[PDB]
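In this PDB entry you will find lincomycin.
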Amino acid sequence: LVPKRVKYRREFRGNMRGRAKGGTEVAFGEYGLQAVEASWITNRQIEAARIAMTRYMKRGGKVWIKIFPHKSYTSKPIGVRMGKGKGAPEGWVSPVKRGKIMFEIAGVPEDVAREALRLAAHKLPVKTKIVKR
Amino acid sequence: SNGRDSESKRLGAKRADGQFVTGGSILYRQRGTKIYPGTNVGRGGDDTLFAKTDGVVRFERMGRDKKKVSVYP
Amino acid sequence: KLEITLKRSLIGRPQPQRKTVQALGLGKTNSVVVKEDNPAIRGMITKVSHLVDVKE
RNA sequence: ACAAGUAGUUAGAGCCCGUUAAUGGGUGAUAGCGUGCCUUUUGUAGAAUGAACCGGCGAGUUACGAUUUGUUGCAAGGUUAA
RNA sequence: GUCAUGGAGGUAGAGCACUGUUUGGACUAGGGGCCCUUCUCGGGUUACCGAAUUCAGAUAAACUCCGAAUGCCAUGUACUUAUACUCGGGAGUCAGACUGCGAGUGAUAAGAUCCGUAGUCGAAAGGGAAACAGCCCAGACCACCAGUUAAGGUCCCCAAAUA
RNA sequence: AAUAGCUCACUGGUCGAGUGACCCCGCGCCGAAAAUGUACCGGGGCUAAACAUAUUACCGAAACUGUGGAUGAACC
RNA sequence: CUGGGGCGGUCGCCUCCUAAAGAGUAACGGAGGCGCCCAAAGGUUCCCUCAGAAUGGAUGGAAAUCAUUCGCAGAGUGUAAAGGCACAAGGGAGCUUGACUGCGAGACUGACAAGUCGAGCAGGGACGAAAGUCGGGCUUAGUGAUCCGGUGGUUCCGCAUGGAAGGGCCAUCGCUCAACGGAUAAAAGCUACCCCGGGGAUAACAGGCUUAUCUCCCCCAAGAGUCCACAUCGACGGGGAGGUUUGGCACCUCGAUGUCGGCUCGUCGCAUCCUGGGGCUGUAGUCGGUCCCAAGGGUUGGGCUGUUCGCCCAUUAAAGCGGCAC
RNA sequence: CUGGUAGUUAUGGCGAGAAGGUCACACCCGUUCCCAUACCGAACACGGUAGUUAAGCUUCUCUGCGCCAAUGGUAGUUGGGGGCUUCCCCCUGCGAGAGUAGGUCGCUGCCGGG
Ligand SMILES: CCC[C@@H]1C[C@@H](C(=O)N[C@@H]([C@H]2O[C@H](SC)[C@H](O)[C@@H](O)[C@H]2O)[C@@H](C)O)N(C)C1
Ligand SMILES: [K+]
Ligand SMILES: [Mg+2]
Ligand SMILES: [Mg+2]
Ligand SMILES: [Mg+2]
Ligand SMILES: [Mg+2]
Ligand SMILES: [Mg+2]
Ligand SMILES: [Mg+2]
Ligand SMILES: [Mg+2]
Ligand SMILES: [Mg+2]
Ligand SMILES: [Mg+2]
Ligand SMILES: [Mg+2]
Ligand SMILES: [Mg+2]
Ligand SMILES: [Mg+2]
Ligand SMILES: [Mg+2]
Ligand SMILES: [Mg+2]
Ligand SMILES: [Mg+2]
Ligand SMILES: [Mg+2]
Ligand SMILES: [Mg+2]
Ligand SMILES: [Mg+2]
Ligand SMILES: [Mg+2]
Ligand SMILES: [Mg+2]
Ligand SMILES: [Mg+2]
Ligand SMILES: [Mg+2]
Ligand SMILES: [Mg+2]
Ligand SMILES: [Mg+2]
Ligand SMILES: [Mg+2]
Ligand SMILES: [Mg+2]
Ligand SMILES: [Mg+2]
Ligand SMILES: [Mg+2]
Ligand SMILES: [Mg+2]
Ligand SMILES: [Mg+2]
Ligand SMILES: [Mg+2]
Ligand SMILES: [Mg+2]
Ligand SMILES: [Mg+2]
Ligand SMILES: [Mg+2]
C-alpha cells in the first residue's frame with residue numbers, strides 16, 4: 001500500500017490525540033479488529049497483518065483494510081549531523097487513533113474470524129480488541 | 001533549495017467596530033475584498049478600506065456570504 | 001458585601017492573576033479586603049478563586 | 001589519643017578568670033546546622049581562573065571644547081579677550 | 001483588572017461542499033486476453049486491465065459547506081485599582097537556562113535544536129524534593145528561648161498520629 | 001506385525017450439592033542480564049510504617065501574626 | 001551564515017504553509033516565484049458571459065468550426081501563490097492618453113533609512129446625455145542609497161566691477177554596487193617554518209545525555225524438519241534490555257583532562273569458553289544439539305603485521321565475552 | 001386585483017402540477033423613418049395591434065432537491081488539579097461540527113392605473 005502520487009513529498013509527523021473521528025463502528029464486515037491505543041501503522045505492518053488474516057481464512061470470506069498509509073515519513077542516514085534540510089522519504093504510515101477499526105472480515109464462522117484477527121493483531125504495534133457488528 | 005519568504009504585510013483590521021475615526025483612517029488592509037467598502041468608506045488601489053469622513057466604524061453583513069465596513073457620523 | 005482574603009502566594013502565578021489580585025486591592029499573603037458584591041467583583045474573584053477565600 | 005572535621009556558627013555542661021560592669025571574659029565535652037574568597041559564567045564547593053604568607057606600592061585624571069542639571073549675578077539683555 | 005455590549009480573525013474540533021490522497025460494491029463506455037469471415041471494423045466471450053457514474057465508507061500543515069474555547073481591538077453613564085503619556089540627564093543588556101503547555105527540525109531520541117506562551121533561575125535567601133540554579137511551597141529591613149499556617153509530613157534516625 | 005489387551009462416546013448405581021463457559025473493573029505475578037560495594041524506599045526498618053476512599057488533630061518556612069526597634073515614599 | 005571549521009549551499013524582493021482563528025514570530029524547516037511585461041494588457045462609455053459534457057452534423061480524426069440542451073464557475077484574470085472577482089476585477093466594441101501638473105486632512109507600517117493608503121482642493125483635460133469615473137494595470141514581486149560624473153531647463157549665486165568660468169535649484173541618465181543598508185575608483189592563494197591575543201562561547205581524546213544503529217533477549221507462528229510450527233531452525237511483522245559498535249548533541253576540561261598497540265599489575269560483570277549440577281532431544285551406545293542453575297578456580301606458545309582485529313602452525317579441559325578515562 | 005420600483009442571510013431559490021388575460025404586461029406583426037448586426041430587424045431601435053395565453057409574467061398547490069433550524073448529548077477548550085504519560089484522567093466555566101425534532105413554496109414598503 002503506497003499512494004500513487006502525493007501533493008507534497010514531505011509532511012509533518014502530526015499528533016494522535018482523541019478517538020478516531022471516523023471508522024469506529026464495523027461497516028462492511030461481521031468482525032473487526034479495533035485499535036485500543038493510538039499508533040502509526042506502517043504499510044509493511046498492514047501487509048504482514050493482511051497475509052496472516054487471509055492465509056488462515058484460506059482464500060475464504062472477505063477482508064476489508066479500513067486504514068490506508070497516506071502519510072510519508074523521512075529519515076537521515078547514520079553519520080549525518082542535524083540540519084541541511086529535511087531527510088528523504090523512507091516509508092508510509094497510517095496514524096491510527098484509539099477506537100479506529102483497522103481490519104474487517106466476513107464470510108467465515110466466528111471461531112475462524114476470531115482466530116484470523118488474533119493472528120493479525122500479533123503483527124501490529126498497537127493493543128487491539130476484536131469487535132463484532 | 002527552500003529558505004525563502006517575503007516580509008509579512010501586517011494585513012487585517014486597524015480600527016475596531018464602535019471606535020471613532022478621523023477621515024482618512026485606514027480601517028482594513030487586505031488583498032482583494034475580504035471586506036467591502038460600506039457607507040462613507042473608500043477602497044484604495046491596493047484594496048485598503050479607509051474612512052472618507054469622521055465618525056464611528058461599523059462592520060456589517062452585506063448578504064449571507066459577504067461583509068462590509070461603514071463609518072457613521 | 002464580600003470579605004476576600006489572599007491565601008496563596010502570587011509567586012509563580014501569571015501576570016493576569018497578579019493584576020487581578022492587585023485590582024481587588026490585596027497585597028501580602030493573608031491580606032483582607034471588603035468589597036461590594038457586584039458582577040464586576042464576582043468576576044474578578046472567579047479568575048483568582050484558587051488564590052483567595054471569600055466570606056460574606 | 002573511638003575520631004570522618006571549608007574548621008565556624010547556634011545550643012551547651014565543666015573548668016579557669018574578673019572587665020571601659022556589661023542580661024561579662026578565656027576554653028569548649030557533647031548536640032544541631034554548615035561545600036573558602038575572587039573572576040568568569042545559562043550554571044562554579046567546583047575536578048574552570050587567580051592568590052604561599054605578610055607589608056608597602058599599584059587603575060576614570062587633567063586641559064581645552066560640547067551638552068545638560070544645580071547655584072549665583074544681571075536681565076532684553078548678558079559678558080568681556082588679548 | 002473584572003462586568004456588560006459590539007466587532008475583526010478560520011486555530012482546536014469537525015466535515016467532505018471544493019482540491020489532493022483512498023477502500024469496497026453496483027453500474028458502464030472503452031482497451032487487453034480468446035476463436036470467427038475479419039482490416040480483430042462488429043459479435044459470442046469475459047472479475048486480464050480501465051475512464052466516468054453513482055451507493056456506502058475513510059483521509060489532509062500548505063482541503064474547507066462549517067467552526068469553538070481563549071486571545072485581540074474597542075465602547076460604557078458599570079465596579080474596583082494605580083498608574084499611563086510627553087520632554088530632558090544617566091545607564092546596563094544584544095552567550096541565556098530549565099520546567100509546563102503549543103509547534104517545527106530530529107527517530108513523536110537527547111540535559112538536542114529552533115520559535116510561540118507562562119513560570120522559576122539568572123539577580124532569590126527560607127521550607128520540601130536524601131544531597132540537587134531552573135520542580136513543589138514561599139519572597140529575607142533588624143531583634144525575640146512567642147504564635148498560626150504552606151508544600152511536605154507525624155514508628156526510630158527526626159519535630160508531629162505506632163490516628 | 002496385524003487380532004486382543006487396556007481405556008472409552010455412551011450409564012442405570014452410588015455418593016450427593018452445586019458446577020461450567022463468557023464479559024468488565026480493582027490490586028498483584030512472570031516477561032526483568034552489567035561491570036569497585038548492599039546500591040532502583042536517604043538509612044533503619046515496615047505486612048503496615050503499603051494502597052484506595054472518607055475523616056480529624058498535630059508538626060512544619062526568614063510565609064503571615066505578636067512585641068520592640070530602624071528606615072523610603074505618598075498623604076495630611 | 002554554518003549543530004566545530006572546510007567542502008557544498010545560501011545572501012535582495014514577492015506568495016503560501018510552519019504561525020498556536022488580531023498583528024508579529026525561528027531553523028542549512030516544507031513549497032514556489034521575481035530582477036519584467038502591456039500604446040493596450042491603461043482611461044471611460046456601452047454591451048456581454050465562461051469550463052466541460054451530451055446529441056446531430058461535409059472535409060474532420062478522441063479533439064478545429066456550426067447548432068440545441070444542461071451547466072455558480074468545474075473557466076478566465078500577461079506572470080508564482082494567496083486573497084478576491086459572474087452589479088464582474090473575466091470577454092467584446094467606440095472614443096481616448098488621468099500611465100495628468102501643483103498638492104494633500106488624516107491614517108497604516110516602521111529603530112532609522114525607507115515603504116504603503118488617502119478623501120479632498122486648485123489647474124487643465126478624457127470618456128459619458130447625465131450621474132459620474134479616471135493621478136496606470138484585480139491586489140500584493142519586477143529593484144539599489146550617498147558621493148562622483150553626463151544631458152536638458154532655470155524671474156538663483158557670480159570672490160573689485162561687467163561678463164565668464166564654475167557652482168546652486170528643478171528634471172533626467174550613467175552600477176548584479178546580486179555578499180543586493182552598497183568598507184575602496186581599484187584586490188587571489190599557501191604556511192608542516194610559523195607567531196600573538198583569546199575560547200571548553202567551538203572540534204580531535206575520555207566522561208555525560210540519547211540509543212536510530214549495534215549486541216543480546218523476547219512475542220506471533222507462516223513454514224522447514226518423511227509425518228509433526230515449537231528436538232533443531234524459524235519468514236512476514238511485533239516488543240524489550242544493555243550501553244562494549246557506528247552515530248547524534250556540544251554539558252565539564254583549550255592559564256593542557258597525553259592520544260593507538262604492547263609490557264607490568266590486576267580487579268569487576270555474567271549474556272559461561274572449560275570444569276560442576278540439571279530438563280528436553282529428531283537422546284540406542286560413543287559423540288552431540290538446545291535450554292536452565294552456576295562467576296570457585298582455570299582459560300597456551302608461536303608465524304605474519306605498529307597494529308587492535310584477523311588468518312595460519314602446534315597445542316589445550318578450555319583457548320569465554322565485556323567494564324574499569326576503549 | 002394588476003403594472004412599476006425598493007428593502008430583507010434562499011424560511012425568499014430550484015423543480016413539479018394547476019388556473020388566469022383587451023385593463024395592464026407579454027409574446028406577437030412590420031422595417032418607411034431615428035438606430036442597429038464583426039453576417040442576421042435574432043437582439044438593439046423605431047412604427048403597429050391581426051392573432052395568442054403557448055411561453056415569460058401573475059395567482060394557487062406541494063417538501064422531491066436546496067435553504068433555515070432547536071433541545072439534549074458529544075468533541076474541543078479558558079482556568080484549577082492529577083497520572084503510568086506516542087498520551088490520558090478529574091473539577092469549574094464556555095461549548096461546536098455532524099445528526100435530529102421541527103420550519104419554509106416568503107415577509108415588509110412607496111407610486112400608478114382597476
Ligand atoms: C587526542 C588528544 C586529546 C587532548 C590530549 C590532551 C593534551 O593536550 N595532551 C598534551 C600532553 O602533553 C604533555 S605529555 C607529552 C603533558 O605532560 C601532558 O600533561 C599533556 O599536556 C599533548 C599530548 O597534546 N588534551 C587535554 C586533550
Ligand atoms: K499487538
Ligand atoms: Mg517571516
Ligand atoms: Mg496600482
Ligand atoms: Mg504556582
Ligand atoms: Mg576520648
Ligand atoms: Mg568503636
Ligand atoms: Mg595558582
Ligand atoms: Mg557640565
Ligand atoms: Mg484537525
Ligand atoms: Mg485544516
Ligand atoms: Mg518553553
Ligand atoms: Mg538546551
Ligand atoms: Mg550574568
Ligand atoms: Mg531559592
Ligand atoms: Mg535540606
Ligand atoms: Mg550561585
Ligand atoms: Mg512558626
Ligand atoms: Mg499548629
Ligand atoms: Mg519524635
Ligand atoms: Mg515577612
Ligand atoms: Mg554538533
Ligand atoms: Mg558542521
Ligand atoms: Mg495570525
Ligand atoms: Mg556638477
Ligand atoms: Mg566678478
Ligand atoms: Mg546587506
Ligand atoms: Mg616537510
Ligand atoms: Mg561546552
Ligand atoms: Mg566525545
Ligand atoms: Mg572527564
Ligand atoms: Mg546550546
Ligand atoms: Mg590549571
Ligand atoms: Mg546466568
Ligand atoms: Mg612484526
Ligand atoms: Mg585508553
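Chain letters run A, B, ... following the sequence lines, proteins first, then strands; residues in each count from 1. Atoms within a ligand are numbered from 1 in the order they appear, just like the ligands themselves. The structure has been trimmed to a portion of the entry, and contacts are counted only among what remains. Structure method, as recorded: electron microscopy, 2.3 Å.
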Where do all copies of lincomycin turn up in this model? ligand 1
So I'm looking at this entry - what's holding onto lincomycin the most? Name it the way it appears in the PDB entry, please. 23S ribosomal RNA
Which other chains does a heavy-atom search at under 4.0 Å around lincomycin pick up? G
According to the entry, what is the source organism of RNA chain G? Listeria monocytogenes EGD-e
Covalent linkage of lincomycin: residue, atom: none
Enumerate the residues contacting lincomycin with a heavy-atom distance under 4.0 Å. G:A204, G:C205, G:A256, G:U257, G:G258, G:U259
